[PDB]
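Each chain gets a letter, A, B and so on, in the order the sequences are listed, and its residues count up from 1. Modified residues are written as their parent or as X; their further atoms are not counted. The deposited model was determined using solution NMR.
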Number of protein chains: 2
Amino acid sequence: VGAXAXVXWXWXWXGX
Amino acid sequence: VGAXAXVXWXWXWXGX
């Protein structure tokens with residue numbers, strides 16, 4: 001979670 | 001991966 005890939009900013013889910 | 005939790009900077013594995 002947070003930033004890069006997962007739940008957060010960039011890849012996966014949430015922000016970008 | 002990247003930053004926050006996982007493989008990367010903060011929690012889990014790698015940097016902090």
Subject >> Compound at chain B; choices gramicidin, sifuvirtide, vasopressin >> reply: gramicidin
Original post:
Which name has the entry assigned to chain B?
Top reply: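 The PDB entry names it gramicidin A.
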